[PDB]
Trainee: 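Hi! I'm looking at a structure that contains alpelisib and have some questions.
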Amino acid sequence: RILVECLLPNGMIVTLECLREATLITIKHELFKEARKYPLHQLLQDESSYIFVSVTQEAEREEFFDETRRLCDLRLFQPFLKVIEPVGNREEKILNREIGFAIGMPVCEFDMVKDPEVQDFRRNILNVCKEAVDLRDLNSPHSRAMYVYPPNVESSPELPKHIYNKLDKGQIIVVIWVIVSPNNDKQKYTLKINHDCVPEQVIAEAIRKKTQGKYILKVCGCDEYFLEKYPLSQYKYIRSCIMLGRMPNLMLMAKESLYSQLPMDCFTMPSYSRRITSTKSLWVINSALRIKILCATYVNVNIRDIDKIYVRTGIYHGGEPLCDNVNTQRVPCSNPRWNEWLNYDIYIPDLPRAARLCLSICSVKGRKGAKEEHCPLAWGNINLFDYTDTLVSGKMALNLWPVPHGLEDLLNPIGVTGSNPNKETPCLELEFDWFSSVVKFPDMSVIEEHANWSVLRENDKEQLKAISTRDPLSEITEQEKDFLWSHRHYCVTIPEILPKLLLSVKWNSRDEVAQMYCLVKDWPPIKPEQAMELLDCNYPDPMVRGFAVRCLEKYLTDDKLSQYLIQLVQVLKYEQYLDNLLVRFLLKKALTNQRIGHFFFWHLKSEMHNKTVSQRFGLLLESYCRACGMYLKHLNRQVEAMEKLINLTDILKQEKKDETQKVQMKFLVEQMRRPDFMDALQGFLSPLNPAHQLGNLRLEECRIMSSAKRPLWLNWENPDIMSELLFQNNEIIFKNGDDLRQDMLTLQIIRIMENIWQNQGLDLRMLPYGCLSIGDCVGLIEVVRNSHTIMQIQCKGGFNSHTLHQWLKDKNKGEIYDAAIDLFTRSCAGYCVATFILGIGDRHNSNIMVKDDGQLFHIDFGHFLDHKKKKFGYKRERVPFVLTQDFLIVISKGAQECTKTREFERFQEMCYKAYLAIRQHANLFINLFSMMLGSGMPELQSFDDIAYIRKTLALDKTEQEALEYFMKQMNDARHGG
Amino acid sequence: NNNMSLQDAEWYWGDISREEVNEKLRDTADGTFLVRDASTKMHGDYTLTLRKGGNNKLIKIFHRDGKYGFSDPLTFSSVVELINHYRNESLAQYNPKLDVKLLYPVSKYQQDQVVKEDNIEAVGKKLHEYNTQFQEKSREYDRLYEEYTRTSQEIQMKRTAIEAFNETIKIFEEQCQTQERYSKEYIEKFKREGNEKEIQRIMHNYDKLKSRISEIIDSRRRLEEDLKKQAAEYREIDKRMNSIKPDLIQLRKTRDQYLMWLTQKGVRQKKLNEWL
Ligand SMILES: Cc1nc(NC(=O)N2CCC[C@H]2C(N)=O)sc1-c1ccnc(C(C)(C)C(F)(F)F)c1
């Protein structure tokens, strides 16, 4: 039902009618019988030796070797098809289309890029892809199995003492379901086994009760497999069941019935892989860094409003100037030409390897007294050293970036380097002094020798300890820095002091740095939590960032690496070059563990709309999708699935943002009913959790939530055979319009908090549900079943402050009633401390919702810290507690005198313990926030914002003062509400 | 005679967070300085913030046994004595690598005098007037930004659609080349023996091809017109925001300055936010 035109190879044109779902084969076959009735049909050949071709919406000259595709999937720009002789590697071309569809941009684009760094990365990374792909295949089919279904274990074999007490003598009652009856008949056994038994013993003991091993244990319902030889209590599923006291269900499956599903995956080195004097060391040059500013191609400023403009430059080294900034004379707005040799005081031999050049175009307003009003118009940094250790020289042109709105500063040392890919933006021509040859940064061989040329117990070990234990953002005074550096040789004995000892080094003097290099080369290894701090924007040196990764590789466990994935993705943007040790580490991990890979991909993919990092992430995504293996087909199915949602959601915003909800719901049901959409939204793994797989969509349950953005409620039947044991449905909110990056960080922090509390001994049960941002202001939210918002309960139970208590008592009445109230208290305590430390505000009766077993959890975080106090300045910061009459009534079992009930005091005491517990681990929470500075979250742009945490935790004060400071907060809000 | 009270000193700023010191010492000449209470809040420390080399060097003042100094041999009787001494003596004596003098103190009065009409009644009206302007400006600024960002998307989509038009035009042109080379003379012309196939078949096909190529070429030109008009409008929105933004910055400073020195210090009120 679509008119198309086919350009036969005999210089003919044929008009033809096609079915929008018609495949290429049917159309190619149908076409030729039409060609016989045209003047030059004799030169035609058979169907074979011919393939179609067209232009896609992405404007790609793509030849469709894989004829099985149909018209709708084609995404043709216009309905025209050309027929030519297939040329090239058919299998290679088919893969390239698969990769391009997943990463959202044609792979041919990276072929066009002429930058030698981009091309070297494309072919140099591949040796990483090969090693991972070979490693997964070291021991088949076993090794290939762990990659696809990696053990979901925890890093600590030994149970917390508080949870070891939930096992009678450490015995676990595990139910085992064996499904061997041909008529899908399920058998269940009950086992009592030690917590430390390896899964094979569980299998070994399981058979005897029924009366290598040939069998593997699967989690009944969600397809997670117990493959590796770990204590059965270490697996996250088994550990969780203990905590919740539920009965753990497992099923026995034959290894053959699993190895069969694992399809052999071949990684072929792509085509581009096969495709393809006088040097002066930096230290020999003797001069001062001088840079010439020639002209600016065009600036978008108004002559009447702006008096003059100038270019402001500085030699930054990871956020701190290496010397005084410099300015260019103020030239008139209408004519932006300078041609001036800006001159800096940084001697060339003293330029640090990670030195940069931050510059901007600022407009001077003045025009009133002597109050200059400066407002930058553009910015852009450039590394002074080539990715090959070469100092830029000769002329250059740079396209500047729009100023990050909300940034009042006149330079952006934290922004990404390189030109603006767009060409219709202010271009500033530079010109770097030419030193008669190529200047390379000295190699480590010379640097170490230089340090040796220029190079006693102490009683003040307390001062070193005192500093080393301080906050990452704590004030560091000049006397201390001089103290730290003077005692650098004795700082090894406190290895976690390195982050402080690095700041005390003056990076603008090659005698200092050469000595810090000879010292970092022997630093005792450090905990991965501390090494992650050496990767944010404050530490740009390659040898410092190289040390941090070596710590990550040999101490970061796959569980922790999964928890800190969002942060580790962000600190990729702080890498000045495309080929760095961190990316090789991260990719090596993503290619040996599909769980990491799934979130590695989705984190990069969600940030492809951002042109600052679109290129470097796009190249990374390509290298991954090339070697991910058979997973690429699963990812493509997810990607195609989300796109149908985005398009459908958009139609309900720009087209149906006014009519009634019933019309919207009726319109939505029709749109879901169409088979084209119907097949895309079924039978794919859930992006939130790959281990869950979504079956048939339930049209009767999917509905348009009536919230602010009107998100989308989707119900998927679990296709697993033993779905009944675990949840029998997946319900997911698809949100298009609200940024979800804050919630991911908020929910990631809550999960980290609860982990710390558990280890301490406080069973404060948080509920950090699943949230994932897939694209730009679009994401997925997991739904927690059998839970209601406080507003729903009051409205449903309608008023009185006891309405919440009455509802909670009814849901579980009897001896259990004690268990509920305890869970309400433990949960409510955890969230009061968490919503205060992070300054989450606006908490009301619609983003506080409570399960039926009494547990309470917060939803709809969005803004954190006090962004709402930054915009509309409210002088002093901080927020009060939300403990309301309702929560107090429930906590004290409905006693009329809520404030000083006996059980209330245990509530306050456990709030204190929680507050102190997080405070002792404030280093970690500071590093997590700092690594997210460049993410572009409006609430988190500078160390000014992270300083808010340093208040709520009262980091500056002492432990006693902090606790007493906290108690003041609780009392104030307690009787204040 | 020159050792007055630290409280009445014009550079000692009292209790201010490390953050507050930073905005005041922003883009200032080497030698800008000020003094404030230590972050620990244990009175008797008085950290010194000195701007040198584009950095905010942060020096500490020790107060053992009722004396003061930077190093252990405390040899000063008060901060004002210490600050005054280094307002004419270079710090190189203290540190060889800190060759500066305390040149441009950040006077608390010098900037505080910027605000006027200390009477609270006038401040309440004056503050409300600035807030209404500031809120209107921010509302107006946001309107342009969303349009500016939204118009950026339309430009990018339009630009790519042009490239797709380039490919389609290029593809068709190559076919016209092959058709004329192959079927124009080799087959039909050699078959020029009274057959009407060339007259009807070949000619009808070729003309249909030409009308198709031209039509595509025409659509590309019409698209380029929209891009050109959109690109110019895209630049114009940039100018409006580039002028609105600097103005909006000044209002923020002024509104805050009144609140700091009139609505909070002069008269502490919970009514502060009621004026707005
Ligand atoms: C975790 C979760 N669970 C919900 N609903 C149920 O759990 N149930 C359980 C039964 C039916 C339904 C109910 N409220 O009776 S909503 C929800 C959630 C999580 C995060 N943000 C939101 C909103 C409202 C801000 C958004 F984004 F959806 F608009 C909702």
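The first sequence line is chain A, the next is chain B, and the lettering continues from there. Here chain A follows the PDB entry, giving residues 19-229, 247-311, 322-500, 523-865, 872-1050 in order. Residue numbering for chain B follows the PDB entry, covering 323-598 in order. Just follow the structure's listing: the first ligand is 1, and inside any ligand the first atom is 1. So how was this one determined? The header says electron microscopy, 2.7 Å.
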Trainee: Okay, contact question: for alpelisib (ligand 1), which chain racks up the most heavy-atom pairs under 4.5 Å? Name from UniProt, please.
Mentor: Phosphatidylinositol 4,5-bisphosphate 3-kinase catalytic subunit alpha isoform
Trainee: Are any other chains within heavy-atom reach of alpelisib (ligand 1) at under 4.0 Å, and if so which?
Mentor: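 Under 4.0 Å by non-hydrogen atoms: A.
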Trainee: For atom 30 (C) of alpelisib (ligand 1), what's the nearest protein heavy-atom neighbour? Residue, atom name and distance, please.
Mentor: A:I932 CD1, 3.7 Å
Trainee: How far is atom 26 (C) of alpelisib (ligand 1) from its nearest protein heavy atom, and which residue and atom name does that atom have?
Mentor: A:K802 NZ, 3.3 Å
Trainee: Going by heavy atoms, is A:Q859 under 4.0 Å from alpelisib (ligand 1)?
Mentor: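 Flag set, A:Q859 near alpelisib (ligand 1).
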Trainee: Return the residue, atom name and 0.1 Å-rounded distance of the protein heavy atom closest to atom 20 (C) of alpelisib (ligand 1).
Mentor: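 Protein heavy atom at minimum distance: A:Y836 OH, 3.2 Å.
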Trainee: Quick check: does A:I848 get an N/O under 3.5 Å from an N/O on alpelisib (ligand 1)?
Mentor: no
Trainee: Pull out every atom of alpelisib (ligand 1) sitting under 4.0 Å from any heavy atom of A:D933, numbered as shown with elements.
Mentor: 25 (C)
Trainee: What atoms of alpelisib (ligand 1) come within less than 4.0 Å of a heavy atom belonging to A:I800?
Mentor: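 Here the atoms of alpelisib (ligand 1) in question are 28 (F).
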Trainee: Measure the distances from the heavy atoms of A:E849 to every atom of alpelisib (ligand 1) and state whether one is below 4.0 angstrom.
Mentor: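 Heavy atoms of A:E849 do come under 4.0 Å of alpelisib (ligand 1).
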Trainee: What residue and atom, counting heavy atoms only, is the protein's closest point to atom 6 (C) of alpelisib (ligand 1), and at what distance?
Mentor: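 Of every protein heavy atom, A:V851 O, 3.5 Å lies nearest to atom 6 (C) of alpelisib (ligand 1).
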Trainee: I'd like to check which alpelisib (ligand 1) atoms, numbered from 1 as shown, lie under 4.0 Å from a non-hydrogen atom of A:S854.
Mentor: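 Under 4.0 Å from A:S854, alpelisib (ligand 1) has these atoms: 6 (C), 7 (O), 8 (N), 9 (C), 13 (C), 14 (N), 15 (O).
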Trainee: Against heavy atoms of A:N853, which atoms of alpelisib (ligand 1) measure under 4.0 Å?
Mentor: 9 (C)
Trainee: For atom 24 (C) of alpelisib (ligand 1), what's the nearest protein heavy-atom neighbour? Residue, atom name and distance, please.
Mentor: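 I find the closest protein heavy atom is A:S774 OG, 3.7 Å.
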Trainee: Quick one: most residues of chain A near alpelisib (ligand 1) sit in which UniProt domain?
Mentor: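 Most of them lie in the UniProt domain PI3K/PI4K catalytic.
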Trainee: Name the closest protein heavy atom to atom 11 (C) of alpelisib (ligand 1), giving the residue it belongs to and the distance to 0.1 Å.
Mentor: A:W780 CH2, 4.4 Å
Trainee: What protein heavy atom sits nearest atom 17 (C) of alpelisib (ligand 1), and how far off is it?
Mentor: A:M922 SD, 4.4 Å
Trainee: Binding site of alpelisib (ligand 1): which residues fall under 4.0 Å, heavy atoms only?
Mentor: A:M772, A:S774, A:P778, A:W780, A:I800, A:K802, A:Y836, A:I848, A:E849, A:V850, A:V851, A:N853, A:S854, A:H855, A:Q859, A:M922, A:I932, A:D933
Trainee: Can you pull every nitrogen or oxygen pair between alpelisib (ligand 1) and the protein closer than 3.5 angstrom?
Mentor:
{"residue": "alpelisib (ligand 1)", "atom": "7 (O)", "partner": "A:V851", "partner atom": "O", "Å": "2.4"}
{"residue": "alpelisib (ligand 1)", "atom": "7 (O)", "partner": "A:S854", "partner atom": "OG", "Å": "3.4"}
{"residue": "alpelisib (ligand 1)", "atom": "14 (N)", "partner": "A:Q859", "partner atom": "NE2", "Å": "3.4"}

